[PDB]
Asker: 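Drug: nimesulide | Macromolecule: Basic phospholipase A2 VRV-PL-VIIIa.
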Amino acid sequence: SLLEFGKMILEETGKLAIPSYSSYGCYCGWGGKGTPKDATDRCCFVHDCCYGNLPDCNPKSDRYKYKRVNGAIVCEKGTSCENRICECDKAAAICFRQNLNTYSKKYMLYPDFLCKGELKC
Ligand SMILES: COc1ccc2c(c1)c(CC(=O)O)c(C)n2C(=O)c1ccc(Cl)cc1
Ligand SMILES: CS(=O)(=O)Nc1ccc([N+](=O)[O-])cc1Oc1ccccc1
């Protein structure tokens, strides 16, 4: 669920999920169409794609638990929907962490019309 994810994001990047990530590029937060504008945008894209493989789960409201083994994010045994979700968020977390150095503000609050193009997961 978002609470977990957001907290995971803050620990990892030091930036707050909302609003640093709720309206970035074409895929962070609003999902939908387009060509990811950048690495972070791709992270979000691969992430939306991750929730896409769990049709009958509820990434948003289902809560899972995770811990840190020295800085490592470690998803704890829960329902199977819970485990698979958590893996999906961990990746996004890492991913964001891996491209902080190219996180660009001109993609904050990006207008929808500039998000057209095709991309299959
Ligand atoms: C590729 O992108 C997707 C696809 C489906 C999604 C989401 C993101 C998010 C993610 C979001 O809002 O960031 C949620 C919550 N999805 C569903 O609940 C869902 C539920 C029931 C059926 Cl039968 C099919 C899909
Ligand atoms: C899930 S939605 O319809 O895509 N809204 C939404 C998108 C991103 C985030 N977030 O924390 O990164 C949080 C989000 O929603 C909330 C807004 C305020 C308080 C709690 C959740």
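We number chain A the same way the PDB entry does; the residues here are 1-14, 16-56, 59, 61, 67-86, 88-122, 124-131, 133, in that order. Atoms considered below: every heavy atom in the structure, side chains included; atoms not considered: hydrogens, waters and symmetry mates. Numbering of ligands and ligand atoms starts at 1, following listing order.
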Asker: What ligand numbers or chain letters correspond to nimesulide?
Answerer: ligand 2
Asker: For nimesulide (ligand 2), which residues in other chains have any heavy atom nearer than 4.0 Å?
Answerer: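 The heavy-atom binding site is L2, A18, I19, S23, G30, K69.
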Asker: Filter the residues UniProt lists as binding Ca(2+) in chain A to those having a heavy atom under 4.0 Å from nimesulide (ligand 2).
Answerer: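 Counting heavy atoms against the UniProt list, it comes to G30.
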